[PDB]
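First up is the structure itself, then whatever we jot down about it.
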Amino acid sequence: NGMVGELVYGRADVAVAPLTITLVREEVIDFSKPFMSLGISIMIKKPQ
Amino acid sequence: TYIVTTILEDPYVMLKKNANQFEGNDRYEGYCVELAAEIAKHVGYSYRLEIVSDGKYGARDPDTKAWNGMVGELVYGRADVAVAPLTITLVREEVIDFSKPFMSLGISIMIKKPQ
Amino acid sequence: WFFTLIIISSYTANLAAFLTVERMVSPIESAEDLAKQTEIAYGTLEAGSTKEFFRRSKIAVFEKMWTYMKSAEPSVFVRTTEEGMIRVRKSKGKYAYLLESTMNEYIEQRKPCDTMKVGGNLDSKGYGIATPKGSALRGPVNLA
Amino acid sequence: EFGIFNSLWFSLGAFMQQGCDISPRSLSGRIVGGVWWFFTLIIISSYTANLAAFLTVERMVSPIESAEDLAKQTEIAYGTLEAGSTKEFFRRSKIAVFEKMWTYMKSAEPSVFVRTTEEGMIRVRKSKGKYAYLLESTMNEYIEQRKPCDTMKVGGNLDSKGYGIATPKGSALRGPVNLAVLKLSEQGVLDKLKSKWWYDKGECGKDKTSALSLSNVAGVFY
Amino acid sequence: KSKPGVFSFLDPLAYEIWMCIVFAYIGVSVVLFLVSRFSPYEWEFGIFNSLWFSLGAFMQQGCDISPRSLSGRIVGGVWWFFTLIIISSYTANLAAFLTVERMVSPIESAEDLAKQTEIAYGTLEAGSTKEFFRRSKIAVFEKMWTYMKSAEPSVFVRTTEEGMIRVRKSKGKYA
Amino acid sequence: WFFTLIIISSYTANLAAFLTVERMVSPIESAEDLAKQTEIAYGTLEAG
Ligand SMILES: O=c1[nH]c2cc(C(F)(F)F)c(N3CCOCC3)cc2n(CP(=O)(O)O)c1=O
Ligand SMILES: O=c1[nH]c2cc(C(F)(F)F)c(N3CCOCC3)cc2n(CP(=O)(O)O)c1=O
Ligand SMILES: CCCCCCCC/C=C/CCCCCCCC(=O)OC[C@H](O)CO
Ligand SMILES: CCCCCCCC/C=C\CCCCCCCC(=O)OC[C@H](O)CO
Ligand SMILES: CCCCCCCCCCCCCCCC(=O)O
């Protein structure tokens, strides 16, 4: 489904979204080198 | 059997203290050596951990327009894969293929511990 | 005189106690910190990659966090990112949300400004530009 | 006899919890005296209490916590390696903060630059916290966990870059190697390896409060 | 075992502070005497009374007599200030001493030994204990093994007697 | 005067210490303690 679907089934020829590079998606499409590095992080209520 | 080029940089690839006592791939220890082990296990192939003679990460000298170091050793067919802390860059990307980064990093500030 | 001596010493001693513990208070500056303590609760989206990261994790800290999150009633997990954000806002510092760093930083700059990101990342991911397999755009886009 | 000089002496003695030769006798003098007595009691107790707090728990604070701090301040020096790409990042930056930092670093006497990372590390060590060295984050974290364990990394990263596995341009290993790296990343192998070789092998993984020395009361003697 | 020490009540301040307090006491008493007397306009602050005023000021017991001149009041005022700072410093540092003596948690687990670095520890070079460490799959013992590998001077002992004596001699730096 | 100053400071200092850090101590630390004491009761399963 989604943007990966739209690329696999020829409906689109590029995706420029925050699309996470992963093994499963790497198998079916080609990714570029990451344009934005990130990770999981902790958000807390700001101490006032 | 593939030749896997490498550089000497702690803690990536380090000569074990019992270097003379060991021979082969078990001459070396570190982060990158176990990475190469795992990569081989997943792909299949077998390898020997060669070390870049010059001991430098590659660069293209403008005067001669030649590649040195690991990138040179990889572009001129001497090596089959480089498992080292090579930085992904545009100039190097044009000449070789890189994998997705196995380690993200950046520039940072080092100071003396406050006392 | 005796009453005075006891009462004044009590005032001084208790004020020292107040100021000393106010000076021992360490915030959450890391994930293991959130893990080992129990006073603050924390959760993630019910459906998404973060939950999967936790479910499949072989690392001690994240295994512990998963065991906690699963064995938690009322459920720490939230329906949508907005729900988690509001739960953090209205929890009064007893709920921490766990989410992608980029969304965290974005939400940090949106009023109400009563959220912050603590510590480094637990994981490393990237976002990329994607092209169909065997496209001619691939190499140019990568270099770009 | 509360003339102005005696008034000043009464008040001083009240604040120092010393005596008085004379006390007020009127209602108005006693109100004044009473509130000054209450004020004194609170203020002195606050001084003692807070000094106890300070001496009980040690909070050591790093002056720097970001790159903009190195930018705005001037007392602390900072420089890179000439040989490496780090210098070049600054030389061509075109971000305000880093452009300013480059302008500083170029016009710095003596030379902020060093030849090798060892030289920079020693320079940071030797100085009492007046030189900050800019370098790759991974090397920074490694050095932080190695002996003598007297440095630290401060703030976030200034830029973002990656290390990859390289293969020759036409190679058939490419796709397999790429998928291998992604698989390792997602299985947590790479994190584990980094943890092992940075932290688990780390050399350097709130008591015995001392007598006050002459040095931290020398001012009162002077 | 903790045997306090007969004059341990002096511990909050260094020996040099106590000795300088005594010198300051004498100097203040002598200057108070001098500025109170040689003024021939008046000549109750002889030397003995000066010493008594100063002593009582330091102990915050007040006085039968206070200085009336400007010079005597300057002397008195600075000695009052000094007294206030020094006494508060004594009480504050004593609180600090007794508070941390009360925060100290003993070692009573393995991970406790593992995480810290102040205490060193070893085992026989040949034994099942060493094997248990070498093959250990959990964090704590793996970390302890890694530490024991990088031991200088060598933690491992030839005989149990050697280890026992090392513990005895170490003064709580070897387990 | 000197005695008074030390004693009163010791009282204030030690109360600060007490109020700063809580230490709860268990009365029992062994079976012989249950034996010697009589204030605390103790019993097992009626049959086991
Ligand atoms: O490729 C992906 N890119 C994503 C990018 C973003 C954002 F940063 F906001 F752009 C987020 N947001 C944070 C979480 O709440 C929803 C919105 C989700 C993403 N998800 C969903 P996952 O399945 O949870 O990873 C992807 O899959
Ligand atoms: O590909 C590259 N990989 C690199 C990897 C590392 C390290 F992290 F240690 F593994 C280092 N360290 C920088 C810190 O001091 C020690 C050497 C430099 C590298 N350089 C040189 P630069 O990028 O020109 O500075 C490269 O080129
Ligand atoms: C015979 C002559 C005697 C006359 C002179 C005596 C003066 C001594 C006492 C002063 C403190 C008085 C004021 C105490 C402050 C009250 C503040 C208060 O009640 O605060 C409420 C609180 O803030 C709700 O939240
Ligand atoms: C009628 C009354 C007669 C008056 C009697 C006079 C004596 C005053 C007494 C004590 C205060 C002296 C202590 C305060 C000394 C000031 C110096 C100081 O605090 O210096 C800090 C420095 O500026 C670092 O920034
Ligand atoms: C104004 C006079 C006040 C009285 C002060 C008491 C002086 C104590 C004794 C001073 C000598 C040194 C004592 C410290 C010795 C030590 O513990 O090492």
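By convention in this document, chain letters (A, B, ...) are assigned in the order of the sequence lines, proteins followed by strands, and residues within each chain are numbered from 1. A fraction of the deposited model is presented, and contact counting is confined to that fraction. All heavy atoms count here, side chains included; hydrogens, waters and symmetry mates do not. Just follow the structure's listing: the first ligand is 1, and inside any ligand the first atom is 1.
For ligand 2, the recorded drug is ZK200775. In this entry, more contacts with ZK200775 (ligand 2) come from one chain than from any other, and the PDB entry calls that chain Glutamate receptor 1 flip isoform. By chain letter, the other chains having a heavy atom closer than 4.0 Å to ZK200775 (ligand 2) are B, D. Taking every heavy atom under 4.0 Å from ZK200775 (ligand 2), one finds B/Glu9, B/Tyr12, B/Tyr57, B/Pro85, B/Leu86, B/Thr87, B/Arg92, D/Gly84, D/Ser85, D/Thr117, D/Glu136, D/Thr138, D/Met139, D/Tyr163.
With a cut-off of 4.0 Å around ZK200775 (ligand 2), no other ligands or ions are picked up.
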